[PDB]
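Lettering of chains proceeds alphabetically from A, tracking the sequence lines in order. Following the PDB entry, chain A shows residues 1-134, 143-222, kept in their order. The numbering of chain B matches the PDB entry: 18-133, in order. Chain C residue numbers are taken from the PDB entry; in order, the displayed residues are 2-214. Only heavy atoms go into these numbers, but all of them, side chains included; no hydrogens, no water, no symmetry mates. Determined by X-ray crystallography, 2.7 Å, according to the entry header.
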Amino acid sequence: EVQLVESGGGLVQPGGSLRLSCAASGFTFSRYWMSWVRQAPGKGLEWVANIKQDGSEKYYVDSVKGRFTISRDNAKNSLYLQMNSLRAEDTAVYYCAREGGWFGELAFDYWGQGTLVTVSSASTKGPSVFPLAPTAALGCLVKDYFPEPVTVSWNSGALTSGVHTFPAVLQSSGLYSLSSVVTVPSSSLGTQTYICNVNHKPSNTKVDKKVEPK
Amino acid sequence: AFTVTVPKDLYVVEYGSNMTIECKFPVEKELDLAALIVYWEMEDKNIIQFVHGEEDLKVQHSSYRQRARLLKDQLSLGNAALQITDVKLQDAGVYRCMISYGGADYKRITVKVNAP
Amino acid sequence: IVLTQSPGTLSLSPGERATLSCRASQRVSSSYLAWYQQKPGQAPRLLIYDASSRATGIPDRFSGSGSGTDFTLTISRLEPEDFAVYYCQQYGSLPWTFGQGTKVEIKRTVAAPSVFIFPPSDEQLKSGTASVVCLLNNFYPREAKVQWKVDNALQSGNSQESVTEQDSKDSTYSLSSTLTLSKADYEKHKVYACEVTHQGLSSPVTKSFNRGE
């Protein structure tokens, strides 16, 4: 039961600093090489940093060499990435990975679930929620929030089938926008209640919009 | 640009014989020992820790006392050669070569041992 | 060391065999080539290490082969759970590097999108912007075209689109397109139209509305 859990991510503005942490369980942490791997939204995987069992050697990709510092505490069962001088291209989900075997010859054995790091000038901001009014289709326009993520459900989870919550797009403004739709029988318009539940944890706002025909 | 290389990434040797595995690293003209670090490791044991022109035997695993030698004259040629004498079946496995000379890098080598 | 995965996308039915390629710009020391599986929203899972060995619990329809600079991952007799993005990675030589990924998508029968158009809410217009939305629902294949027309004039640079991941049940895709305008620009025009072409349509589908009607 090898487990890996990242913490410490969020929003930070360019040139700023942030410290990621990774907690391990189910294996002897002092016996293994450990890596950081990141993934930018929609892109592929990129290795970042490496550390030896005893912290005695550290390696980095070119892009972060001189800016990121990897370190570890075997007693605390924990891995760290101190990120400094952060640019916008550092925006990504950051994963911790165990390198299996003695020297990593079993590749990346196990991964954490990742934590999102967002690097941008924009301030945290709660979404505006607009009704997309009406087989019929209806939904919610969740607009101008920052940063990711946002949570969308319908009728408090009691409505699931035919629901499409689209991935958010980064708008020209630098704020995020998305829509959630659902297809329903035309006959259900008027008799059935449809409430869009929007939950944006960063800005700590919750919204319930009832969508009706006009 | 600084890169540790391995002529062979796999060695197959007979039980009881001698073996010399090699890590190569770039050296231009004369080699300055003060700037140079060499580690050879096998599993969680340390075979060779070469710092300041000297192998450090207090860090060396005792399995390897008397049978393990970094070949010093080979170093000028950018070749970290590890000679292990009287090779036993326990010597089979993955080895690690770390070399620091300005920049720093490492590689792994697999050793396989046939029994008779 | 650059790894070039191939091809970009595979469209296959369950039970078919999938072949994935990984080429390297250098020899990969000791054949330390891993493969990984990633599903949307999840971290990668290790599949194969040392090019040909299965990671623990990985089922045996996952098989690796190759050596040197050319590596293959084969999934014979695909199960629905096997459709994901696959990555190869070299750990033989620093810096560790990943290829750009291959997506294996479920190939189903062609399906036409249902098309809906949504006018801006009155609540939104007080913000000064108007968002016009166009939903394309449950189609296959993924390739779908959306043109925007305001009073039969084509639009450029004021649209954004978004696509869902392939559906769990349907194996279909859906798409939203958002046309954004000034409130001032919006109230200057009458007809807002959304025009759609797709393999599953034999004639173009256009949904429209008139402002105020």
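In this structure, the main binding partner of chains A and C, as named in UniProt, is Programmed cell death 1 ligand 1.
The compound at chains A and C, a drug or drug candidate, is named durvalumab. Most residues of chain B that touch durvalumab lie in the UniProt domain Ig-like V-type. Heavy-atom pairs under 4.5 Å between chain B and durvalumab are most numerous for chain A. Epitope of durvalumab on chain B (heavy-atom cut-off 4.5 Å): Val23(B), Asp26(B), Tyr56(B), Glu58(B), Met59(B), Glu60(B), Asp61(B), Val111(B), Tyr112(B), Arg113(B), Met115(B), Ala121(B), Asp122(B), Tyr123(B), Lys124(B), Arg125(B), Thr127(B). Paratope (durvalumab toward chain B, heavy atoms within 4.5 Å) - residues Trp33(A), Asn50(A), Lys52(A), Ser56(A), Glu57(A), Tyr59(A), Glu99(A), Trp102(A), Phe103(A), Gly104(A), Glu105(A), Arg28(C), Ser30(C), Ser31(C), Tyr33(C), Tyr92(C), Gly93(C), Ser94(C), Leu95(C), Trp97(C). The name that the PDB assigns to chain C is durvalumab light chain.
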